[PDB]
Every structure is written in C-alpha cells, then in structure tokens.
Amino acid sequence: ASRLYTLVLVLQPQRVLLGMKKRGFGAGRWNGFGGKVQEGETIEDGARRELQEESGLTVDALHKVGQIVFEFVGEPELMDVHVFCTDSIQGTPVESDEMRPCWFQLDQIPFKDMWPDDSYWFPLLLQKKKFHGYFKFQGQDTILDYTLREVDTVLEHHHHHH
Ligand SMILES: C[C@@H](Oc1cc(-c2cnn(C3CCNCC3)c2)cnc1N)c1c(Cl)ccc(F)c1Cl
Ligand SMILES: [Zn+2]
Ligand SMILES: [Zn+2]
Ligand SMILES: [Zn+2]
C-alpha cells in the first residue's frame, strides 16, 4: 500500500523556516515540518498539527504546491507526501523536543545538510513552481532514480479517510 505524509515549508519573501531534527530518525538534518497523517484527521489537520507541535506556529492557510512519492526497494509501502507551503504564520517559532526551527535566507539554503531529494524539488518550490515528484531510494536516502515534473495545478487524490 502506501503511507500518507505531510510536509510544510514556511516561506516568506526572502527567507524560509526550516527545522533541524534534534533526536532520533534523521537527526542533525534540516527539513520542512510535517509527518505521518494519523487516522482520524484530514491531511490538512495533520499538516497544521505537525507544524504546531514542531514549531509552535499556527497558519491562516496552506497552499498545495507539490506531491512527492518516495519508494524504497524492498518495502511495499510507498510514501505519499503532500507538500504545502505558507507565508501567513502566527506566533513565535519555538522548538519541540524533536525539532528546532530556524530562518534561512533563500540564497543560503544548506542543501548538504538536508535530505538529498530536497536538492531536486526544493528549488522548484522556491521559484513558486508546483510539481509532481517521484523518487526511488535504497537504504536511508540513496536515490536510485527520480522523475520531477512542473505542474499547472496539483492533482487531488480524494482520500476519503483523510
Ligand atoms: C523530513 C523528511 O525526510 C525524508 C525522509 C525520507 C525517508 C524517510 N524514511 N526513509 C526510509 C529510511 C529507511 N528505509 C525506510 C524508510 C527515507 C526520505 N526523504 C526525506 N526528505 C520526511 C520524513 Cl523524515 C518522513 C516522512 C516524510 F514524508 C518526509 Cl518528507
Ligand atoms: Zn488512513
Ligand atoms: Zn506558498
Ligand atoms: Zn495522497
């Protein structure tokens, strides 16, 4: 099957808010906010819930800017990653036990300290281009293949449990 995930980028005109994973899986890397969508909540609920827990921020709105599929050789469960961005935050960013938010100038993004697929789709998100992406991995993050398309509009999946 697949597992449903959200990824949220807080993107203001000249800077982006990323979070460093503090402990555990993927520790020491910077990424957007998000996580697994739980049963009982919609995709948008999960994205809002993760951003609140990981950064302490509330959002007025989330823009659907991308979809990514992660596939790992051996695992029959793909990752269905719904990607959102937003520039209408409320509150002050404050770390959780899991993530610490920090602002980054758009021309100083630390790609070497982020997940490898970010080097592909993150520049498209930075240029306000919507995208559909697929990445096949082996191991933690070794890309075997990928395809990345710019889209006019992000296609809806019509998840009826989320
Ligand atoms: C923050 C982000 O980091 C990534 C994790 C992964 C990832 C997560 N898990 N794995 C595998 C590690 C071992 N093999 C099974 C999963 C790779 C791939 N690309 C990423 N950008 C991430 C994570 Cl950590 C989890 C779910 C997501 F939808 C996203 Cl977008
Ligand atoms: Zn479900
Ligand atoms: Zn946006
Ligand atoms: Zn989906």
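We're numbering straight along the sequence, starting at 1. Values reported hereafter were calculated over all heavy atoms of this structure, with side chains retained and with hydrogens, waters and symmetry mates removed. As the structure lists them, so they are numbered: ligands from 1, and atoms in each ligand from 1.
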- Query: What is the identity of the drug or drug candidate at ligand 1?
  - Reply: crizotinib
- Binding partner of crizotinib (ligand 1) (most contacts, UniProt): Oxidized purine nucleoside triphosphate hydrolase
- Query: If you restrict chain A to its UniProt 8-oxo-dGMP-binding residues, which of them have any heavy atom nearer than 4.0 Å to crizotinib (ligand 1)?
  - Reply: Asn31, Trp115, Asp117, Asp118
- Should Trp115 be counted as touching crizotinib (ligand 1), given the test is an N or O pair under 3.5 Å? yes
- Message: Just wondering, which UniProt domain of chain A does crizotinib (ligand 1) mostly touch?
- Response: Nudix hydrolase
- Out of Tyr5, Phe72, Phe137, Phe70, whose heavy atom sits nearest atom 17 (C) of crizotinib (ligand 1)? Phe72
- Closest non-hydrogen protein atom to atom 14 (N) of crizotinib (ligand 1), residue and atom name please, with distance? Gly139 O, 3.8 Å
- Query: Distance below 4.0 Å between atom 22 (C) of crizotinib (ligand 1) and any protein heavy atom?
  - Reply: no
- Item | Protein contact of atom 13 (C) of crizotinib (ligand 1) - nearest heavy atom, named by residue and atom, plus distance | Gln140 OE1, 3.6 Å
- Record the part of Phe25 in heavy-atom contact with crizotinib (ligand 1) below 4.0 Å; permitted values are side chain, backbone, both and neither. side chain
- Query: Which of the atoms of crizotinib (ligand 1) are close to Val81, meaning less than 4.0 Å from one of its heavy atoms?
  - Reply: 28 (F)
- Query: Which atoms of crizotinib (ligand 1) sit under 4.0 Å from any heavy atom of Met79?
  - Reply: 26 (C), 27 (C), 28 (F)
- Considering only non-hydrogen protein atoms, determine which one is nearest to atom 30 (Cl) of crizotinib (ligand 1) and report residue, atom name and distance to 0.1 Å. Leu7 CD2, 3.7 Å
- Given that the side chain starts at C-beta and the backbone is N, CA, C, O, which of these parts of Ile68 lies under 4.0 Å from crizotinib (ligand 1), counting heavy atoms, or is it both or neither? neither
- Query: Taking a heavy-atom cut-off of 4.0 Å, which of the residues UniProt lists as 8-oxo-dGTP-binding in chain A lie that close to crizotinib (ligand 1)?
  - Reply: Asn31, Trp115, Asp117, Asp118
- Task: May I ask you to identify the nearest protein heavy atom to atom 19 (N) of crizotinib (ligand 1), giving residue, atom name and distance to one decimal place in Å?
- Result: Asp117 OD1, 3.1 Å
- Which residues, given by chain and number, make up the 4.0 Å heavy-atom shell around crizotinib (ligand 1)? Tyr5, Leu7, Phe25, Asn31, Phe70, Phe72, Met79, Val81, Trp115, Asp117, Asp118, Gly139, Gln140
